[PDB]
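First up is the structure itself, then whatever we jot down about it.
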Amino acid sequence: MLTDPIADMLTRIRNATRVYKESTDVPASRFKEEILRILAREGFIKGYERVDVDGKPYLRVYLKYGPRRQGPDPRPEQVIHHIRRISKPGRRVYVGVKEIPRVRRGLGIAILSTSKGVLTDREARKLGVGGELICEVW
Amino acid sequence: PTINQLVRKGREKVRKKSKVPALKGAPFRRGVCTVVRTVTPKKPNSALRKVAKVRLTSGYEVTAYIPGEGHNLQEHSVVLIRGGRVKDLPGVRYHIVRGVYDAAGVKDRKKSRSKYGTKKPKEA
RNA sequence: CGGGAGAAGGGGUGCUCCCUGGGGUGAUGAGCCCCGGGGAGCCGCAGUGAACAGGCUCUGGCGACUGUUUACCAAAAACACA
RNA sequence: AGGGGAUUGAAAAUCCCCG
RNA sequence: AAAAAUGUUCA
RNA sequence: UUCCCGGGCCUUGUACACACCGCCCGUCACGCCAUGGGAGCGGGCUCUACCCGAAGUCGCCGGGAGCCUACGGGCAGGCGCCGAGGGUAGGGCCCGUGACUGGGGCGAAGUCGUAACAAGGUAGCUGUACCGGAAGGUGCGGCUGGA
RNA sequence: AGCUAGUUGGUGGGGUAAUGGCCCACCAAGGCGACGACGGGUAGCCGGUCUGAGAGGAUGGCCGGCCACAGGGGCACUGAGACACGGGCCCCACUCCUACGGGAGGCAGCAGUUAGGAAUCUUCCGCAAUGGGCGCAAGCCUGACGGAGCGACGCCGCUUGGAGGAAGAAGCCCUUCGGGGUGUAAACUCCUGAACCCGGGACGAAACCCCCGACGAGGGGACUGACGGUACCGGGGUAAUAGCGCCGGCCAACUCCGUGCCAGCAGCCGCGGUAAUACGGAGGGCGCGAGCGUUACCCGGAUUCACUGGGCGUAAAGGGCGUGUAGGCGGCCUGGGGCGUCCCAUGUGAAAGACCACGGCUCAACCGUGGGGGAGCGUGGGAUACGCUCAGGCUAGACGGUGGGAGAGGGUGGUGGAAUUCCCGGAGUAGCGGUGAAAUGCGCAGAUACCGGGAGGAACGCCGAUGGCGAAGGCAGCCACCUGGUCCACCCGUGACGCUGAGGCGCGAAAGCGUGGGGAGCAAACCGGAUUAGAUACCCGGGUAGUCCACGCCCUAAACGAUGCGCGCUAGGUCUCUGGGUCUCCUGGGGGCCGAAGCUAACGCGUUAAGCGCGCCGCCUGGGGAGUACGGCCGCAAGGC
Ligand SMILES: NC[C@@H]1O[C@H](O[C@H]2[C@@H](O)[C@H](O[C@@H]3[C@@H](O)[C@H](N)C[C@H](N)[C@H]3O[C@H]3O[C@H](CO)[C@@H](O)[C@H](O)[C@H]3N)O[C@@H]2CO)[C@H](N)[C@@H](O)[C@@H]1O
Ligand SMILES: [Mg+2]
Ligand SMILES: [Mg+2]
Ligand SMILES: [Mg+2]
Ligand SMILES: [Mg+2]
Ligand SMILES: [Mg+2]
Ligand SMILES: [Mg+2]
Ligand SMILES: [Mg+2]
Ligand SMILES: [Mg+2]
Ligand SMILES: [Mg+2]
Ligand SMILES: [Mg+2]
Ligand SMILES: [Mg+2]
Ligand SMILES: [Mg+2]
Ligand SMILES: [Mg+2]
Ligand SMILES: [Mg+2]
Ligand SMILES: [Mg+2]
Ligand SMILES: [Mg+2]
Ligand SMILES: [Mg+2]
Ligand SMILES: [Mg+2]
Ligand SMILES: [Mg+2]
Ligand SMILES: [Mg+2]
Ligand SMILES: [Mg+2]
Ligand SMILES: [Mg+2]
Ligand SMILES: [Mg+2]
Ligand SMILES: [Mg+2]
Ligand SMILES: [Mg+2]
Ligand SMILES: [Mg+2]
Ligand SMILES: [Mg+2]
Ligand SMILES: [Mg+2]
Ligand SMILES: [Mg+2]
Ligand SMILES: [Mg+2]
Ligand SMILES: [Mg+2]
Ligand SMILES: [Mg+2]
Ligand SMILES: [Mg+2]
Ligand SMILES: [Mg+2]
Ligand SMILES: [Mg+2]
Ligand SMILES: [Mg+2]
Ligand SMILES: [Mg+2]
Ligand SMILES: [Mg+2]
Ligand SMILES: [Mg+2]
Ligand SMILES: [Mg+2]
Ligand SMILES: [Mg+2]
Ligand SMILES: [Mg+2]
Ligand SMILES: [Mg+2]
Ligand SMILES: [Mg+2]
Ligand SMILES: [Mg+2]
Ligand SMILES: [Mg+2]
Ligand SMILES: [Mg+2]
Ligand SMILES: [Mg+2]
Ligand SMILES: [Mg+2]
Ligand SMILES: [Mg+2]
Ligand SMILES: [Mg+2]
Ligand SMILES: [Mg+2]
Ligand SMILES: [Mg+2]
Ligand SMILES: [Mg+2]
Ligand SMILES: [Mg+2]
Ligand SMILES: [Mg+2]
Ligand SMILES: [Mg+2]
Ligand SMILES: [Mg+2]
Ligand SMILES: [Mg+2]
Ligand SMILES: [Mg+2]
Ligand SMILES: [Mg+2]
Ligand SMILES: [Mg+2]
Ligand SMILES: [Mg+2]
Ligand SMILES: [Mg+2]
Ligand SMILES: [Mg+2]
Ligand SMILES: [Mg+2]
Ligand SMILES: [Mg+2]
Ligand SMILES: [Mg+2]
Ligand SMILES: [Mg+2]
Ligand SMILES: [Mg+2]
Ligand SMILES: [Mg+2]
Ligand SMILES: [Mg+2]
Ligand SMILES: [Mg+2]
Ligand SMILES: [Mg+2]
Ligand SMILES: [Mg+2]
Ligand SMILES: [Mg+2]
Ligand SMILES: [Mg+2]
Ligand SMILES: [Mg+2]
Ligand SMILES: [Mg+2]
Ligand SMILES: [Mg+2]
Ligand SMILES: [Mg+2]
Ligand SMILES: [Mg+2]
Ligand SMILES: [Mg+2]
Ligand SMILES: [Mg+2]
Ligand SMILES: [Mg+2]
Ligand SMILES: [Mg+2]
Ligand SMILES: [Mg+2]
Ligand SMILES: [Mg+2]
Ligand SMILES: [Mg+2]
Ligand SMILES: [Mg+2]
Ligand SMILES: [Mg+2]
Ligand SMILES: [Mg+2]
Ligand SMILES: [Mg+2]
Ligand SMILES: [Mg+2]
Ligand SMILES: [Mg+2]
Ligand SMILES: [Mg+2]
Ligand SMILES: [Mg+2]
Ligand SMILES: [Mg+2]
Ligand SMILES: [Mg+2]
Ligand SMILES: [Mg+2]
Ligand SMILES: [Mg+2]
Ligand SMILES: [Mg+2]
Ligand SMILES: [Mg+2]
Ligand SMILES: [Mg+2]
Ligand SMILES: [Mg+2]
Ligand SMILES: [Mg+2]
Ligand SMILES: [Mg+2]
Ligand SMILES: [Mg+2]
Ligand SMILES: [Mg+2]
Ligand SMILES: [Mg+2]
Ligand SMILES: [Mg+2]
Ligand SMILES: [Mg+2]
Ligand SMILES: [Mg+2]
Ligand SMILES: [Mg+2]
Ligand SMILES: [Mg+2]
Ligand SMILES: [Mg+2]
Ligand SMILES: [Mg+2]
Ligand SMILES: [Mg+2]
Ligand SMILES: [Mg+2]
Ligand SMILES: [Mg+2]
Ligand SMILES: [Mg+2]
Ligand SMILES: [Mg+2]
Ligand SMILES: [Mg+2]
Ligand SMILES: [Mg+2]
Ligand SMILES: [Mg+2]
Ligand SMILES: [Mg+2]
Ligand SMILES: [Mg+2]
Ligand SMILES: [Mg+2]
Ligand SMILES: [Mg+2]
Ligand SMILES: [Mg+2]
Ligand SMILES: [Mg+2]
Ligand SMILES: [Mg+2]
Ligand SMILES: [Mg+2]
Ligand SMILES: [Mg+2]
Ligand SMILES: [Mg+2]
Ligand SMILES: [Mg+2]
Ligand SMILES: [Mg+2]
Ligand SMILES: [Mg+2]
Ligand SMILES: [Mg+2]
Ligand SMILES: [Mg+2]
Ligand SMILES: [Mg+2]
Ligand SMILES: [Mg+2]
Ligand SMILES: [Mg+2]
Ligand SMILES: [Mg+2]
Ligand SMILES: [Mg+2]
Ligand SMILES: [Mg+2]
């Protein structure tokens, strides 16, 4: 019945990607799109858009992959080699402004929910705030 | 184990046993040699290792080994137990501190002597 | 598992005075009896002050048990018993 | 029981010989 | 669709 | 070419690998160590109850007795509650030790047989049940980690 | 694993500096507990300290802070303050004294003795400084303190020399007999000069006190040093201690002799059986050095209790299965509150220690000064994404409706045929049986084989599968009744009502047990016969409980897919059971095989996951001891948990 919808979205994404798919449709969720917007506003996916599978509103999420490769396993590298939820329903993960993560020595990101919106490992830091460490991509 | 479970049960700390009960975590323990026999090696060895049972201070009585060549412990010799298993003789879990109390140092040892309590000889 | 249980081991009990709770017949009130409870205070060596009135425990044997038996030496580990 | 010869890679075991 | 047990110790 | 002996390649099984002249099980004997049960015996901690009960505080009294007075009163002394501990009794918890008894561990070359690993030479194993020197045998049922 | 009588609360008192069953009457029956009450064990707490990359783990010795105690126990008095270590009273233990008539003492203060132990010091100097008590002050007391003494116990500084010196003494060890090594090491030559010797000699000490002013503010005068004739400065001045461990690998350092599974070594692996780099000595070498080793203990390495940071198909690990309580976790949208969460500010976070500088002793070790950081917690203001919460709404989760399906799902009652066994009857004769071969055994008292009639029990051939149903155990002849779950279709209803699940309750093969019934076949035990060295077995002939039924127990298992449940996501191919359709096809449910990506130690798994994820439960932590012992709970017992 889906306990944590968000962790799912990531997984749906983490799977569709691992096979190289055009787009994936994660179920409608304002807060979800946020992690999406951010996910794109940071250039991890071509983008997304609302749809409806018979009164069932989902969200097309277009995946971005790399260039074809030379040699065996000519499988194109991916934009997202790793996404994993942090704060889980079975163990909420909160962090203070000084506690925010440093994802992949800076190359990475760390979406998170804050009292004043949904920011990232830099944004939130710049805003100098804190909140539920939603997760981390890179 | 889930977190929730961890919250409930929780991990259990090991706590290990004393590889040698020489009482009050003591560097050494004194005692009288109740007997002084001569047992035999284990698994692949052959010889007549010299062992001696000892009535410790602590009303205890245990087998202790004896180092080097020759010695002089008798059925009633006071001695110092050091604590060092002799992996090759079942039971023997303590060595006798040579050159202490009734224990006589080793005669004519010239090499390692700190061990074996042999006095530093003069070369003249 | 009823029972071992009166296990064991203790403390109280007489007399006077004060207040008080329910009962039965009256009658719903009074005498009349019936069970209690709480405080003070008096006297002796001793208050179920005389008479009636268990000593106890641990541990073996035999027989399960209540019973029955040698009228007049044997009541049992014997007979009986479900 | 120890020691010696034979015997073994060295024993164990086995054969012969001693106060 | 099979008669038949065992083979000292350390290397 | 069935059968005895030895030898090729393919295959299968393997718990073997100084490799079946392999490996390996349990009883038994001997030695050392810890340990359970045990008629019990010894000591430590505690709980309950009632009997005696110091000092002392407090509460009465201070009467027909004493001491002081500035006559109100105070002290001494009397009684009571609380009370350390002591006694007797009956419980609870732990430690030591005990004739004998039960298994268990470990210890170069002692005894008996062959359970298991190759259909291990009756597939094996397993819950149960009975039985037998010992491994174990067999019954029912189960599993393949067997065919 | 249940605990509680001042026990929980109450009105009124008593008590106190004061709150309050702290205490006492009277009244009401409460109070606590799996968020672990009650009970046993163990323990002084913190600042910090040790280790770790950190998170953590361990620890609480010195110094600082809090508490507690003064031989064991109780009680008050005095007082601002005590139930008071060197004050008091009593009881107890202990030791002592005595004129034997009674009394005395309380080092867990300093030092010292004895006992115990592996082991822990001088019966030191001084009040000069700091601090404390009394006094107007002079000043008195101060084993607090300030110093000294003892121990490589620790830390730090420092010495046993420096520069030359042979194509290289001697001695000793190797030696392919040339030589190689110790080794510039030495001797020897020059220079420096710890020790020792003589001379000088402290800081720490300015106050209190005396005079002027006012005995104040400000100024002037005087006394005082335990350590110590020590530090330290100057002069002279002699080459002036080295040891311990190791050298097979891990782990840096090798050769000879002795010894011969002996003697011995040994942290784990291991070495020694007559050429040992492992034992013992030697030459040599490596390491550290007034130390070097050993034993003990803590952290580490050990992501080996795993939050960081692990696991359970075969390695230890899924509960035998189900139902469900507490608890844990929870779809989509709009708004209110703002507990979690987050930000700001402020209080706090002693000093010491830890980190950064800078200075003080010749340096350092110690030490001073300044700076910088501290989680946590309180108060004040603010934010609202996420968790929480209240409120309003929705239909993708979940449940229901109408209509149908398949199935060995379960319970009861009845019923059919095949076969086996026995009974009667007929017919018939010399063996049948069983085996590897046999024997036991059955048979002239008439068997086996054949037919007919009859009784009774138990199992259900073909269909049948590589299938189907059930949560598991498990469920098969046929029929009817009673009843569970599950699948499809129709978009009808409810509107998150959900997932999981400690404990609990139920079910739970076979074997086994209780009361009663039944009994053909088979069959532990048992008895014979063979086999064999033996055969308490395998094979043969007999045979009871049991296997069956009713009702009630036991509750285990290779109770296995050896794979917890729920949901989501991630190529296909193939055959098969079952449902629906404008039916060569499309779509739903289940069982098998092969396999994408990916996972795995490998084997293998692979939309029926062991892939990628989330929620919740269960469980694992080397092998043997042992699923044993004890305790508890259950059972009639066997036994189980
Ligand atoms: N580890 C042994 C344990 O006890 C048993 O094993 C014990 C016995 O079976 C075994 O005895 C063996 C014997 O089996 C074998 N056939 C002959 C051998 N000589 C005996 O040996 C025994 O005794 C001699 C002295 O006589 C000792 O030196 C030796 O160490 C010891 N194991 O000795 C063992 C005790 O050391 C179990 N069977 C075993 O499964 C269990 O694990
Ligand atoms: Mg051996
Ligand atoms: Mg050896
Ligand atoms: Mg050791
Ligand atoms: Mg009796
Ligand atoms: Mg009695
Ligand atoms: Mg009278
Ligand atoms: Mg009488
Ligand atoms: Mg009479
Ligand atoms: Mg009788
Ligand atoms: Mg009678
Ligand atoms: Mg009679
Ligand atoms: Mg009579
Ligand atoms: Mg008579
Ligand atoms: Mg009688
Ligand atoms: Mg009589
Ligand atoms: Mg033959
Ligand atoms: Mg044999
Ligand atoms: Mg052999
Ligand atoms: Mg042999
Ligand atoms: Mg050997
Ligand atoms: Mg050899
Ligand atoms: Mg092998
Ligand atoms: Mg063999
Ligand atoms: Mg062999
Ligand atoms: Mg015993
Ligand atoms: Mg006893
Ligand atoms: Mg009494
Ligand atoms: Mg009194
Ligand atoms: Mg005992
Ligand atoms: Mg014994
Ligand atoms: Mg024994
Ligand atoms: Mg034995
Ligand atoms: Mg044994
Ligand atoms: Mg032997
Ligand atoms: Mg067998
Ligand atoms: Mg065999
Ligand atoms: Mg076999
Ligand atoms: Mg057979
Ligand atoms: Mg069996
Ligand atoms: Mg027997
Ligand atoms: Mg038996
Ligand atoms: Mg026998
Ligand atoms: Mg067995
Ligand atoms: Mg048998
Ligand atoms: Mg069988
Ligand atoms: Mg079977
Ligand atoms: Mg089964
Ligand atoms: Mg089978
Ligand atoms: Mg096999
Ligand atoms: Mg009051
Ligand atoms: Mg007071
Ligand atoms: Mg109280
Ligand atoms: Mg009150
Ligand atoms: Mg206690
Ligand atoms: Mg203590
Ligand atoms: Mg670490
Ligand atoms: Mg730490
Ligand atoms: Mg650890
Ligand atoms: Mg700790
Ligand atoms: Mg602590
Ligand atoms: Mg300590
Ligand atoms: Mg302190
Ligand atoms: Mg006290
Ligand atoms: Mg004392
Ligand atoms: Mg006291
Ligand atoms: Mg005073
Ligand atoms: Mg005092
Ligand atoms: Mg004193
Ligand atoms: Mg004296
Ligand atoms: Mg006199
Ligand atoms: Mg007197
Ligand atoms: Mg002293
Ligand atoms: Mg002493
Ligand atoms: Mg001593
Ligand atoms: Mg002074
Ligand atoms: Mg002073
Ligand atoms: Mg020189
Ligand atoms: Mg030379
Ligand atoms: Mg030379
Ligand atoms: Mg040379
Ligand atoms: Mg040298
Ligand atoms: Mg000079
Ligand atoms: Mg001075
Ligand atoms: Mg003065
Ligand atoms: Mg002045
Ligand atoms: Mg002086
Ligand atoms: Mg000089
Ligand atoms: Mg000079
Ligand atoms: Mg010299
Ligand atoms: Mg070495
Ligand atoms: Mg090396
Ligand atoms: Mg020798
Ligand atoms: Mg050595
Ligand atoms: Mg030789
Ligand atoms: Mg040689
Ligand atoms: Mg040699
Ligand atoms: Mg050597
Ligand atoms: Mg461990
Ligand atoms: Mg973890
Ligand atoms: Mg296995
Ligand atoms: Mg396993
Ligand atoms: Mg299991
Ligand atoms: Mg459930
Ligand atoms: Mg809940
Ligand atoms: Mg808030
Ligand atoms: Mg917080
Ligand atoms: Mg601050
Ligand atoms: Mg500080
Ligand atoms: Mg400096
Ligand atoms: Mg500072
Ligand atoms: Mg802060
Ligand atoms: Mg709602
Ligand atoms: Mg029927
Ligand atoms: Mg028939
Ligand atoms: Mg029959
Ligand atoms: Mg006839
Ligand atoms: Mg017949
Ligand atoms: Mg199924
Ligand atoms: Mg059925
Ligand atoms: Mg139905
Ligand atoms: Mg609808
Ligand atoms: Mg509606
Ligand atoms: Mg059953
Ligand atoms: Mg049965
Ligand atoms: Mg039976
Ligand atoms: Mg039969
Ligand atoms: Mg038979
Ligand atoms: Mg026979
Ligand atoms: Mg044979
Ligand atoms: Mg039945
Ligand atoms: Mg049951
Ligand atoms: Mg089993
Ligand atoms: Mg299975
Ligand atoms: Mg399918
Ligand atoms: Mg199937
Ligand atoms: Mg692949
Ligand atoms: Mg596959
Ligand atoms: Mg799918
Ligand atoms: Mg498929
Ligand atoms: Mg797996
Ligand atoms: Mg579960
Ligand atoms: Mg162990
Ligand atoms: Mg173990
Ligand atoms: Mg028990
Ligand atoms: Mg019972
Ligand atoms: Mg029975």
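Numbered from 1 within each chain, the chains take letters A, B, ... in sequence-line order. Read the numbers this way: they start at 1 and go in the same order the structure lists the ligands and their atoms. Readers should note that the entry appears only in part, and the reported contacts come from within that part. Values below: all heavy atoms of this structure, side chains included; hydrogens, waters and symmetry mates excluded.
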### Query
Counting heavy-atom pairs under 4.5 Å, which macromolecule has the most such pairs with ligand 1, as named in the PDB entry?
16S ribosomal RNA
### Message
Quick one: what's the drug at ligand 1 called?
### Response
paromomycin
### Query
Under a 4.0 Å cut-off, which other chains come into heavy-atom contact with paromomycin (ligand 1)?
F
### Message
Any idea which residues from other chains are within 4.0 Å of paromomycin (ligand 1), non-hydrogen atoms only?
### Response
F/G26, F/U27, F/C28, F/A29, F/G105, F/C106, F/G107, F/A108, F/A109, F/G110, F/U111
